[PDB]
Participant: 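Hi! Got a PDB file here: taprenepag bound to Prostaglandin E2 receptor EP2 subtype.
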Amino acid sequence: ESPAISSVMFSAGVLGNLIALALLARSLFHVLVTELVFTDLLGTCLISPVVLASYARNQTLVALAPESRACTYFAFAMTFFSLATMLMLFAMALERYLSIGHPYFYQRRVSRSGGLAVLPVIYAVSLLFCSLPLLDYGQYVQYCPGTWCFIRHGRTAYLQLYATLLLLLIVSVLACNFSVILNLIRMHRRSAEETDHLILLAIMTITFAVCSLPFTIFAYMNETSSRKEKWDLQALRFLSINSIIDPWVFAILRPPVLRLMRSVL
Amino acid sequence: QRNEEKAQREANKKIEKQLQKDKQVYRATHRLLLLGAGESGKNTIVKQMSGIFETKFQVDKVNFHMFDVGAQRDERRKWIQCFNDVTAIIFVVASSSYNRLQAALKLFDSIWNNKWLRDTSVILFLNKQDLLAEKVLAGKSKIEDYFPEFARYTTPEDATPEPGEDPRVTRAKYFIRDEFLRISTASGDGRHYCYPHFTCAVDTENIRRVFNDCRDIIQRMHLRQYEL
Amino acid sequence: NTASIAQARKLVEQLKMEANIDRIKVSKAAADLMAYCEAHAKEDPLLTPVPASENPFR
Amino acid sequence: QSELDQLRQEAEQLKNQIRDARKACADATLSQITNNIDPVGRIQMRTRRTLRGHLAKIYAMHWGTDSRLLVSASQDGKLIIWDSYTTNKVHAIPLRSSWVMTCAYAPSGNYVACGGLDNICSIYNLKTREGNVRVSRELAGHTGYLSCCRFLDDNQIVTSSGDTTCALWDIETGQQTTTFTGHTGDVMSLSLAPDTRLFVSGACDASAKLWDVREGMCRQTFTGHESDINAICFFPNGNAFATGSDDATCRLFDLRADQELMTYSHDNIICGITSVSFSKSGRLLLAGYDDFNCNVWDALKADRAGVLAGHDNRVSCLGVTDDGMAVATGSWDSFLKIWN
Amino acid sequence: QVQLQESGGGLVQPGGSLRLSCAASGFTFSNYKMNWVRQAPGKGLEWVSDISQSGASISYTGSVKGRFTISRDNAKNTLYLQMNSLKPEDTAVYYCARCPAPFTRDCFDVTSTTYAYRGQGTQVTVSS
Ligand SMILES: O=C(O)COc1cccc(CN(Cc2ccc(-n3cccn3)cc2)S(=O)(=O)c2cccnc2)c1
């Protein structure tokens with residue numbers, strides 16, 4: 001049990017987020033991507049030290065080394081950052097869909113000033129829906145790797161509601177992205193750069209549907225089935241990989257950079 | 001002492017409360033610059049759709065204000081800079097009456113390549129198609145008498161014409177459209193697009209054309225925000 | 001060219017009316033400008049920055 | 001037919017005579033007797049204030065004679081009167097036409113003028129009897145767009161128009177008292193002298209003219225530039241003035257020498273000048289440009305000694321305060337800045 | 001002063017050849033794009049030909065394309081228009097116009113009947 005996979009992907013993720021923040025911290029979309037990379041970096045830097053702590057403070061002997069309320073906070077912040085990133089992605093997809101799908105309506109009703117308020121309402125909803133179990137409405141348990149905790153399968157009805165909320169957000173993001181792709185194809189047919197945007201959105205949608213559905217796929221099964229095949233770990237690793245991929249393809253692979261990479265060839 | 005300053009602050013607060021209501025109205029309207037070539041039927045097109053005249057119309061609950069300069073001189077390199085933030089310049093060209101077609105081409109070339117109008121888009125209305133058809137069938141005046149490259153010009157493949165017109169009228173119309181699209185296509189210096197259309201006096205669906213072209217303009221405007 | 005003859009007469013009239021004027025030498029005019037710029041050299045808050053105590057835009 | 005060529009030959013003979021007279025009166029260059037005075041060093045102006053509230057590009061701006069209040073005209077249709085010390089908006093007047101191109105503040109602080117593509121100059125009263133700000137007058141009678149206007153007092157106003165003529169109006173009556181003709185292009189700017197006797201006007205014919213207000217005739221013509229003239233401003237003492245044009249060059253002309261004295265240009269400057277102004281002493285010459293910046297020139301040494309770079313779009317207007325304490329600049333990015 | 005003086009006009013039998021010249025003074029000739037325009041008896045000003053700052057970009061109108069050829073010599077600040085195979089419909093007053101601003105690629109008002117950067121024009125008459 002060595003950090004051959006965990007620490008390396010954590011380092012890659014924080015390095016990509018810092019690279020993105022370098023070219024970013026110097027429009028509404030601009031406000032949204034700042035907040036997205038901010039919450040991504042916050043979540044990863046506040047979670048990963050806790051999962052690294054159970055590598056030197058225990059030789060696969062005692063999963064709860066620091067205290068009795070450690071992995072509880074781990075699972076809480078895990079669900080919190082997951083819902084936060086998913087709601088941020090939903091907000092960005094809805095903004096883009098409105099921007100390309102309904103231009104006139106977007107031209108008036110939507111302004112950059114109201115963009116800072118998105119983080120405050122999403123954090124509020126996520127704190128509510130993730131401290132919900134802390135008020136005895138749910139309960140956390142530890143898993144086969146031992147270095148993390150999450151919601152228990154059965155004995156309550158919280159994991160199914162969490163998974164269905166995640167699935168609703170995912171299908172909404174996918175619907176918005178497919179509608180924007182359809183509109184871009186339509187505007188390319190009616191007529192360079194629309195092909196660039198099509199390629200970017202295809203990449204983003206594929207990496208979002210690959211790295212975020214397995215959680216819902218595995219959360220609707222028995223706990224005995226997953227641990228036998230060790231799927232519960234990959235279910236969350238894929239969400240973390242999605243949180244890594246988001247800022248990279250949002251800020252570093254912008255249409256200018258894709259145009260440069262295509263001109264080089 | 002401080003009462004005067006707080007009265008000033010209250011006056012400023014009321015001024016800003018009014019400026020917000022004015023800002024919400026300034027963003028809902030779309031300004032267009034109707035800049036015809038003269039003797040081109042732009043008066044009939046504003047019939048359809050003293051220093052400057054203004055016409056308001058509404059399509060799908062979207063408001064458009066179209067401005068036509070009136071009592072100005074024929075030198076226009078100084079007052080045209082006022083219209084660099086307008087969403088579209090509607091350029092009307094008398095396709096049949098002309099050398100006014102070369103004058104229109106030179107005016108479009110000056111607008112397209114201007115330093116301040118380099119990110120403004122042009123909706124090109126080639127008016128007077130009925131007279132053009134009747135003059136191409138009647139053979140009274142040829143474009144080869146003013147555009148020697150009209151011969152050897154083959155009509156392109158796409159854009160099937162309506163059945164009632166002679167194919168030579170199609171050739172003339174598309175030759176003029178290509179004369180404008182060569183200028184539109186070639187410079188590449190600034191961002192903006194041209195939308196050529198065929199109109200007439202009997203036509204009645206020009207407001208929806210302007211609506212769709214401005215929708216496309218605003219879509220491409222929003223699209224740029226994502227890159228860089 | 002019946003509208004041009006009157007315009008040309010007006011132009012030549014203005015030319016010969018503005019040709020008979022007084023002209024001092026460039027040396028004295030430049031000296032007057034230099035003397036004016038030297039007399040008010042201390043009365044220019046932009047030419048010499050005023051401290052933050054008398055600057056109302058501080 | 002032939003008499004027209006006779007008149008043209010007479011005109012060219014007079015032009016040659018005037019040019020030879022000018023060359024006779026030119027004995028020593030300004031850049032020669034100024035080679036000893038010490039340079040101003042370097043000017044470092046910083047953005048003290050930034051006034052926000054305009055929706056579109058700002059074309060005009062004008063300080064008040066109390067050196068505190070400011071006016072600005074935007075192409076959204078707003079005439080905003082700011083207090084610059086506290087950054088508070090004192091007034092916000094909505095205009096009938098959105099295409100305003102000029103604005104002026106009366107030397108008494110009671111009226112404000114504005115005009116534009118509607119060929120009309122509207123005068124607004126700022127001190128009505130416990131009421132709103134309303135159109136006091138509407139001076140009509142010009143044929144082209146109104147490009148500049150300046151108050152002589154609360155009753156007289158001089159306006160430049162795009163129909164190649166200037167006009168002096170009596171506001172009370174409402175009709176033109178005097179008309180100044182002679183330009184062959186759009187008159188772009190005008191500048192009042194320290195005294196209210198004379199004023200200079202620049203046009204698109206690459207020439208400037210000096211007009212007497214009381215008589216109504218043109219005194220002198222200056223033809224140093226080679227493109228359209230956009231800006232004009234009097235030297236603080238009224239014996240000289242400075243112009244800027246599209247040929248990317250500012251120039252200094254003298255009234256009594258009747259010729260140009262200095263040329264402010266640089267190799268990497270290939271954009272036109274939109275506005276020029278003089279400081280209180282007359283030693284510095286500020287000029288706004290199309291490349292989004294403002295340059296400060298040593299009016300006597302002709303070397304540039306400072307830059308003003310805070311605007312994101314073309315600098316449209318620029319004005320130094322009557323006490324010489326601040327420089328307001330307005331740009332097409334819809335922001336007014338104060339530099340000190 | 002910006003001065004443009006044209007020369008070379010005259011009466012020529014149909015089919016002959018002419019060469020109009022345009023001497024410029026008061027501006028940097030090599031920074032402006034130059035134009036030849038003309039006015040026919042009883043008509044308005046129309047654009048004939050134009051050439052850019054260097055001489056690489058050249059354009060003619062449909063009526064003269066193939067017959068006329070425009071050139072500029074920057075060494076002596078001169079513009080030339082060589083007219084070949086003239087016809088009776090070429091009789092007009094020819095003007096040498098300068099583009100209003102330097103370094104630009106667009107010239108707005110060269111045919112405005114009041115343009116200030118034009119010349120006085122030479123009468124080119126084609127008859128027998
Ligand atoms: O010991 C072992 O093998 C088991 O360790 C485990 C067990 C379960 C799940 C994980 C994944 N991680 C936890 C995590 C999840 C989501 C976010 N986040 C989401 C949005 C914003 N932030 C941040 C951190 S992670 O490895 O630390 C990581 C991966 C990639 C990038 N940053 C950190 C690891």
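The sequence lines fix the lettering, A, B, ..., with proteins before strands; numbering per chain opens at 1. Order of listing sets the numbers, starting from 1, for every ligand and every atom in it.
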Participant: Help me out: which other chains have heavy atoms closer than 4.0 Å to taprenepag (ligand 1)?
Facilitator: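 Chains with a heavy atom under 4.0 Å: A.
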Participant: With heavy atoms under 4.0 Å as the rule, classify the contact between A:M78 and taprenepag (ligand 1) as side chain, backbone, both or neither.
Facilitator: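 Only the side chain of A:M78 comes within reach of taprenepag (ligand 1).
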Participant: Only heavy atoms of A:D40, strictly under 4.0 Å: list the atoms of taprenepag (ligand 1) that pass.
Facilitator: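 Every atom of taprenepag (ligand 1) under 4.0 Å from some heavy atom of A:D40: 21 (C), 22 (N).
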Participant: Which UniProt TM segments of chain A, numbered from the N terminus, carry a heavy atom closer than 4.0 Å to taprenepag (ligand 1)?
Facilitator: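 Going by UniProt numbering, the segments with a heavy atom that close are 1, 2, 3, 7.
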Participant: List the closest protein heavy-atom neighbour of atom 1 (O) of taprenepag (ligand 1): residue, atom name, distance to the nearest 0.1 Å.
Facilitator: A:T147 OG1, 2.9 Å
Participant: Which atoms of taprenepag (ligand 1) have any heavy atom of A:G43 under 4.0 Å away?
Facilitator: 22 (N)
Participant: Under 4.0 Å from any heavy atom of A:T44, which atoms of taprenepag (ligand 1) are there?
Facilitator: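 This gives 22 (N), 23 (C), 31 (C), 32 (N), 33 (C) as the contact atoms.
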Participant: Write out the residue and atom name of the closest protein heavy atom to atom 21 (C) of taprenepag (ligand 1), then the distance separating them to 0.1 Å.
Facilitator: A:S243 OG, 3.2 Å
Participant: Using a 4.0 Å cutoff against the non-hydrogen atoms of A:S48, which atoms of taprenepag (ligand 1) qualify?
Facilitator: 25 (S), 27 (O), 28 (C), 33 (C)
Participant: Heavy-atom contacts under 4.0 Å between A:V14 and taprenepag (ligand 1): side chain, backbone, both, or neither?
Facilitator: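 No part of A:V14 is near taprenepag (ligand 1) at this cut-off.
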Participant: Okay, next thing: residues with a heavy atom within 4.0 Å of taprenepag (ligand 1) - which are they?
Facilitator: A:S6, A:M9, A:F10, A:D40, A:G43, A:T44, A:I47, A:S48, A:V51, A:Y55, A:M78, A:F81, A:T85, A:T147, A:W148, A:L233, A:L236, A:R237, A:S240, A:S243, A:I244
